[PDB]
Structures are given as C-alpha cells and as structure tokens.
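Structure (with mavacamten).
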Amino acid sequence: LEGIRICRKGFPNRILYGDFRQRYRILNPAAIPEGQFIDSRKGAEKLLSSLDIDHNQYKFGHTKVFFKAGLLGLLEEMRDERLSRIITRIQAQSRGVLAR
Amino acid sequence: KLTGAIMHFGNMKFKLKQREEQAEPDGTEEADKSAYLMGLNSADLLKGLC
Amino acid sequence: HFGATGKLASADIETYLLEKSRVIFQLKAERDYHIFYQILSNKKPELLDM
Amino acid sequence: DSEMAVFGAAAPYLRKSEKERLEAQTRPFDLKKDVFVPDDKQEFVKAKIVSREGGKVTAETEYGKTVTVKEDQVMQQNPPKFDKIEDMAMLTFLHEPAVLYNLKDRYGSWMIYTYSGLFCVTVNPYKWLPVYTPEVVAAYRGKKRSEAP
Amino acid sequence: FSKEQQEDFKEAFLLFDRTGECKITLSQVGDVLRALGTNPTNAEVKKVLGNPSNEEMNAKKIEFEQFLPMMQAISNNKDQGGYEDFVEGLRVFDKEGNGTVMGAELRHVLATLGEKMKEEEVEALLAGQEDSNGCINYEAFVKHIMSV
Ligand SMILES: CC(C)n1c(=O)cc(N[C@@H](C)c2ccccc2)[nH]c1=O
C-alpha cells in the first residue's frame, strides 16, 4: 500500500538526459536537430514538450528527467509503435528503389 | 574540433556525492559541448569518465 | 549474462545461506532436503547398488 | 478477447474471460453507499450505508449484521469497472480492503499474478495452471507489461 | 501531374501488360508505382483497394482507367519518413553504436519483422554492399536508398 501511495503520487520513472536523447530521439528527430549543439537540459525540455502528452505528469531534475507513474510505459509503447512505423516505411523505400 | 574539445574538456565541472565519494557532473553543458565535438554521447561519456 | 549482441553467453549462480542445520533437524510437517527422498523413492537399482 | 488465442490452453488461467468484462458493466454498485467495514473473523467486509447521523454513521453489512463505526474508519468500495485490474497501482481507491479484495477476486479465479505498480504480487495457486510449459515462453518473447498479462 | 507525365506512366503498364491491350497487373501494379512516383506501405494499397482476398491478389487483373485515380491516391500518402527518421531506425538494431549493422541480423530484421518482402530481393539488395567483416555502413545504405 505504501509503495502504491508513492508510485501514484511520486515520480518513479527517471532518465538521464543523454540516454533520454539517445533512445527517444526516434520519437521526434526534429525536436533535437543534430549537427548543432544543444544542452541536454533544454533538449529534453523541447522534446518532451513536443510529445503533446499531459505536461502535469513530469518535472525536471538537475541531471535526470522525472515522470509520474504511468508515463514511461506509454513512452515505450509510443517508441515501439514508431519503430514499427519506420521499419515498415524504410521497407517502403527499400521496395521502392529495389523495384526501381 | 579535437583541439577545441581539449579546450572544453577542462571546463567540465564535477561534484562529489554527499556520501558515495563519486563524481557526478554539475557542469553538464560543458560535457555535452565536449561530447558533441568528439562525437560521443553526454551520458555515456560522463558515465565512462566517472 | 548476455553478449553485446544480446544472445545468452553465460550464467552464474550465487548462493547466500543454505539452511545447513535443516540437513540434521526438522520440525513436524516438514521434510529434509528433497535429494534424499527422491533418490530413495525410485529405488533405482543402479543407485540403490551404488 | 480474440487476442488471447496466442497462449493456447494456458489463456484461461492468465486473464479474465469476455463474460467477466460484460458482467462488470452490469453489477449493482453505488459509489456513495458501498463501503468496506472492519470485522473480527475477517479484516474487512463489504457493507451498505443505510442512514446518516452527522458524525456517527450506521450501516448494514453483507451478512445482515448491524454495525456502527465512525466515519474515520470507513473506506469507499472501488467501482466494479476497476475490479480485478492487472495492476493495483491503477486502483482508484487505495486502502487495505481494496488490495485485499482485489487479490481475493483474482486469486479465486486462479489468476495468480497481479502487478502493484513498480512491483508485482503473485499468489500461490497450490494447483497447477498449464501456464509454465514451452508454448507460453514464446508468447512472452519481447512482449511488454502493457501487452502480456 | 503533367499530361506528359501520365504518358510515361502509361508506358510502364504497357511494357508490363503481356496482353495486347486488356491487361494491367492488379498484383504487381502498386509495386511499380513506387518507381514512377512515391512509395507507400502495401497495407495502404490494400486499404485503397478495400482489403481484397489473397486469391484476388493472385488471380485478379484490374482496369487501367480506374487505376489512374489510384496513381494519385497512392501518391497522396504524405508524412513518409525522412533521412534522419530512417537512419535512427536501424540504430536500434545496431547494438554497437559505431555505425555498422551485422548482416546476419540485418537480413533477419528486414525479412522477419516488418512487412513481408520477397526474400531474394533481400539477398540481392545488400549483395556487394557488405564489407569484409560482415557488416553494413547503414548511413550509406540509407543515403543509397533515399537517392536511387
Ligand atoms: C528508475 C528506473 C525504473 N529506471 C527508469 O525509469 C528508466 C530507465 N531507463 C530508460 C532509458 C528506459 C526506459 C524504459 C525501458 C528501458 C529503459 N532506467 C531506470 O533505471
């Protein structure tokens, strides 16, 4: 019961700004344009603001981003949906030029 | 770029944890500037260094 | 343990505290370790000879 | 659920049947009146509010026994739409009887595993479910906690 | 498209039609529109057809005048992925991070996990593109397949 009390109220999910950028950049490459420098903190700020999810679910730490109980699962669902979308669309390209 | 990174690499600031005597970056802006130049990642660079 | 490619590469077993006294003392409604009764129950002639 | 077919014969022993889904929307339940009350032989029992008397309340329990307890010790029942949820962190009202009865309604139907947010609770079946043979392992490959039961 | 665009689109069907003038390939035509225009997911082709039968896919041949609108409709599905969108894809298969993808798991991924592909094409697309260590410079593979 106490563990649920903290999971519901607190911020059980947490990502380093670098591993967050590395892993979920596939979620919105335009929010974090590469080829140009952008600090880890403001990058994560722009990407998560771009996700259009409920902004009351997260707060930012000195070195890790912090999420409410139910967000991280939704982010992994989102990422695997995108990886499916993309591997099928790269296959769209692979078949398109192979057919060319 | 490598000369520049060796310049930035001295600007990375590290702070000791309150009890583990382990280095964590406060000056993350200098570490991600360095990694951006050397083509590493800020997190795995900092994790490897510390 | 898994490799960089993610395939199984090894496994390590670690043990912390075997109830070594159970080998010699048990309360009512409980057994000693299973090895002894499982060996005895089949009366496997090769093991019952060894 | 048509997607349950991937577990074969193990499927009835992991997730509730389609009838339990339809029954949930038809259960008689009142959020303001249905509450749990403590009992002697069993920690909590369902009860029905019958009246209001300011700071003192009186209610009739499911076994027809009369009870009087102050409002500080009465906990509202969870609505039937959240009964047997797979993760107890998703319960709406969280208290000692909500977890007790959430485990009891699942375990009485041999659905032995249930999550509790960052951790999971497993209740000893004592009788086997064909939930441990090779075929289920393939169903669990790469599936996430949101997908697999 | 220009009126001179539809003519050169037409003669693709005119070479692929083995009939003297009543064929266009219901099973193979969408596959060719990738070359003349942009490339969709096959499921979107099936959705514009309205989910036909597999036996239809093997036996049916469709009429070209109804297909001219289909050319535009199949061209219509925008939000195709860009270069960075594609190059971050195969990095999740890259369990090293250096810029190489082993072909033993690359062909596995391309064959088993996404939409179906004719496997001989998967054999011959990477053939000659491998290195001596048995990997692929996927940022080159993507800048290969986006360009030509
Ligand atoms: C606090 C803990 C539960 N946690 C996380 O909350 C997230 C982690 N890593 C990220 C990068 C990740 C998210 C989801 C699946 C895999 C990895 N690590 C973690 O250690």
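Here is the naming used below: chain letters follow the sequence lines, and residue numbers restart at 1 for every chain. We use all heavy atoms of the structure for the numbers below, so side chains are in, but hydrogens, waters and symmetry mates are not. Just follow the structure's listing: the first ligand is 1, and inside any ligand the first atom is 1. Only a slice of the deposited entry appears, and the contacts counted are all within that slice.
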Locate mavacamten in the structure and include all copies. ligand 1
Chief chain touching mavacamten, naming from UniProt: Myosin-7
With a 4.0 Å cut-off on heavy-atom distances, which other chains neighbour mavacamten? A
Report the source organism for chain A from the entry. Homo sapiens
If you map the residues of chain A that touch mavacamten onto UniProt domains, which domain gets most of them? Myosin motor
